[PDB]
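Structure of interest - contains 4-hydroxytamoxifen.
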Amino acid sequence: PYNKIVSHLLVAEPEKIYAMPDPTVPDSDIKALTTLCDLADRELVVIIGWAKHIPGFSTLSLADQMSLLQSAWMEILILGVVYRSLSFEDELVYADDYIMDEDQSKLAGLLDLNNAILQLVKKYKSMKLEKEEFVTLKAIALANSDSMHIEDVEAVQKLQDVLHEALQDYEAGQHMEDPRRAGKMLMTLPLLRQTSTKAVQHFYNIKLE
Amino acid sequence: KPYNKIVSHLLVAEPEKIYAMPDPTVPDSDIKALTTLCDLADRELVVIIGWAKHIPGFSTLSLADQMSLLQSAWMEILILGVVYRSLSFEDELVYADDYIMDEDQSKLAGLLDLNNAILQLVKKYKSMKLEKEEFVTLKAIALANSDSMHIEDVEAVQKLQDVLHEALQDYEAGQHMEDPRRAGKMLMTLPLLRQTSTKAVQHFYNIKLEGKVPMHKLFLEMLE
Amino acid sequence: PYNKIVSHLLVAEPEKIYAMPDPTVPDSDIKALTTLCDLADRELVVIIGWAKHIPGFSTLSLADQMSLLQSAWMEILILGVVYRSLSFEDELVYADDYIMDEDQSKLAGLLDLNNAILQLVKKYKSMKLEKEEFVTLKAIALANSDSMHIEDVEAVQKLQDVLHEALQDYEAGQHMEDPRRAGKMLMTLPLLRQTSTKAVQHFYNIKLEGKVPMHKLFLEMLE
Amino acid sequence: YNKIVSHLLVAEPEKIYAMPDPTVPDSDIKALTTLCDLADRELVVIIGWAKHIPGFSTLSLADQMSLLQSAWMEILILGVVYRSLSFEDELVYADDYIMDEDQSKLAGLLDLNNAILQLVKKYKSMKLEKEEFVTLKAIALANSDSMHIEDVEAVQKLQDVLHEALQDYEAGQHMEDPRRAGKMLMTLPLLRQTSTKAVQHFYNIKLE
Amino acid sequence: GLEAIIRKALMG
Amino acid sequence: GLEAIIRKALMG
Ligand SMILES: CC/C(=C(\c1ccc(O)cc1)c1ccc(OCCN(C)C)cc1)c1ccccc1
Ligand SMILES: CC/C(=C(\c1ccc(O)cc1)c1ccc(OCCN(C)C)cc1)c1ccccc1
Ligand SMILES: CC/C(=C(\c1ccc(O)cc1)c1ccc(OCCN(C)C)cc1)c1ccccc1
Ligand SMILES: CC/C(=C(\c1ccc(O)cc1)c1ccc(OCCN(C)C)cc1)c1ccccc1
């Protein structure tokens, strides 16, 4: 069939952002980090603008729109890179002009963190994750981000369903051959959350280094 | 009218109640509360493991993979146990029938953040009216779905997740026709369980190195 | 009749200061914290003017005036909210237009730190603490704030001594039933220091977590 | 003087020695190792000591543990502060372990020992006397401001009784300074401040 | 232990 | 700047 909510997310999808790594600065630890920070920083801006285009999101209270975003942001970044990395082997595509393999990830000291990010890539590869599912899953993570101080819980739950129902209907139509594909998709979020938390902690930890 | 064979199996394999059994002689304190949960956890693990063997697929897996799944999900299974036991209570956590922690007792043990997070899991499943059949199946899936970075037979573990998932989706298809999306709703709680587990595992290692524990036992020893 | 210094301090006592929470901003962790940092910054200023009136304090070097302030500022701020809260139950009056209960302390991520301040409220509630004792205690908390960078130690001790005298004298006149009241008062500072130190830590601690400069960009973007 | 001050004077533990291993070359580890071994053994006599404070033993065990759990570092540091009184810029952890600026540098403890010296410096100026030291130690145990007190009234009473002893001591033996008792009580914030530094410093170099 | 418990408990 | 503020004040 055609699904209203996925087609909107498809056109809501942001445009390619580039890391523009400074060629004047000599290859190093700080560099990789200075670039990813500025990259993430620039990504967030269009992620917020993106969030408004999610059906139902903009009818939430500003307090809740924030809470969901204050919770989810890293998850949305990480799923981002995970997706761009699907057709690659043991490499991560933070942007087209910044691709990290084992030995670069050694220099930045992100081996453990990127290896985690690759566990997520490794999984979605198996499933043949498709863009229609990527976008719908980003949305779901934002909505299911388990924030502690939601004002309107019902409104946020209803948003969760609308997105869930979208995934469900999509999979019912495009993947009848696996009646549990949708569930399988939702079962990959706990890793995304796990990995999200590490990244955050890792980020705040290195604000002393 | 007939249930799922795996769900039914999981229900008979569900371990009997375990008692916390606090020492009445030891005066109430942070360390008591901790001490009491540690020994509880340790006996619960032993049965949790015994339980694992009864999950279909599990024992067929290599001993290293069995180890690795338990190694990743133990704390999710412990925590999901207290949560279930807590469903028909208000702002209290039933670690055991003889060990229920309300706010005050949590303030005394420095588990105010930790238990608040666990109460968050309780609040959500309360909403859905989580049912035993669902709890035991969810425990199985938490184990199967535990994302260990160290798996040997990846396809076999996936096959374990697929079976258990299918049992949930079938129970939820027969017993909850009014909610075609109940299984996914259930699965959508997994991440909070994961987040919460990691919190817990953090807190625990975080207080060994903050070794207040043996100091307390030594005070009592001298003072009594 | 009254002690001259104590009298001087009651008139030295600054006027109320309001938090003036932005009503357009939605209620959240960072709002709370935003609101309290602005408040503090303004109270600091009047706390600094206030200290000038303390007898002796102007006669110190500018370096010493600065040292005592750098050490006692958070202690004064807290003794403030603590006095303002005495008449209330489980609530902290940061200002008349900003009052935190258990529920809001949770929103702001201040639960642990607010309870510590409420622990200070509880004690002074029990001793039916009076404005005369509050104002003089702020002066003492400043004079006795134990900075390492002092130029003139004798001069700072002499200020502790005079302020101490004023307290003893006031307790002798106003509380003859309890000849230990002055000491009891003095015995609450160790908690004020401890608690002050928590406040200070928590703050430098959330400058690193920098979720405030996040939240600000989320506010701007989402509108 | 006073029945309670006398009782505290006699309760005072006997000296304890650091007995560092002389075979082990000097380093950061050894210093920290020797000081851990000393505190541990001091803590045992310290605990025995609290039982001999008037009123301590009538509180509930929960309360007794609580106050010690709160106060233990203050009582340790106050100890070294007192043994250090007749020395110049040096900390007498025990007769056979005395740390000067250089040794303090090698332990990674310059900032902390400095702060401890700041206490010594204050008490030197007042000419702190053993009777004041031991009553103050007592008070530090009892004014320890734990959150989880069971009997607030009984613990309050223990504060009041020990205060009254400080009061009476300074009233009879130090009438020339009508505020000496208050002066003494005003050194406690720096103790609690410094005691927190040390506890935080200890758990810091556990990780490290 | 955790490692020890899991191991011991699977073993026998 | 905490120090800054305090200085700024005792100037004005
Ligand atoms: C792991 C890659 C990464 C970030 C990242 C992930 C995906 C992506 O598409 C782009 C970047 C990352 C880095 C920094 C960061 O901080 C942003 C917060 N502002 C306040 C600087 C967020 C993510 C990172 C996270 C923590 C430490 C080091 C690097
Ligand atoms: C939150 C409750 C809890 C534990 C718990 C949870 C559920 C339950 O049924 C029983 C206990 C807990 C406590 C200790 C613990 O340590 C295990 C170490 N053993 C395996 C050596 C694990 C969980 C705990 C976890 C971390 C710190 C403090 C307490
Ligand atoms: C405890 C409330 C509080 C402050 C406060 C206390 C009493 C009062 O009357 C007003 C405010 C607080 C907050 C910030 C602060 O520093 C301001 C930053 N400037 C000085 C650069 C000081 C106190 C605070 C302190 C640390 C972290 C978070 C909040
Ligand atoms: C200030 C010297 C000191 C200790 C000390 C203080 C007074 C005294 O009379 C003797 C020693 C010290 C060191 C360790 C310590 O922990 C003991 C508790 N066990 C569980 C290790 C306590 C005090 C110390 C504390 C922390 C880190 C490094 C040094």
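Letters A, B, ... mirror the listed sequences (proteins, then strands); counts begin at 1. Ligands are counted one by one from 1 in listed order, and the atoms in each one are counted from 1 as well. These numbers come from the heavy atoms of this one structure, side chains and all, not from hydrogens, waters or symmetry mates. If you check the header, you will see the structure was determined by X-ray crystallography, 2.8 Å.
For 4-hydroxytamoxifen (ligand 3), the chief contact partner in this model is given in the PDB entry as Estrogen-related receptor gamma.
Other chains whose heavy atoms approach 4-hydroxytamoxifen (ligand 3) within less than 4.0 Å: C. The PDB entry gives chain F the name Nuclear receptor corepressor 2. Going by the entry, the organism behind chain C is Homo sapiens. Near 4-hydroxytamoxifen (ligand 3) (under 4.0 Å), the structure shows no other ligands or ions. The UniProt domain of chain C holding most residues in contact with 4-hydroxytamoxifen (ligand 3) is NR LBD. Residues contacting 4-hydroxytamoxifen (ligand 3) within 4.0 Å (heavy-atom distance) are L36(C), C37(C), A40(C), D41(C), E43(C), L44(C), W73(C), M74(C), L77(C), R84(C), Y94(C), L110(C), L113(C), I117(C), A199(C), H202(C), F203(C).
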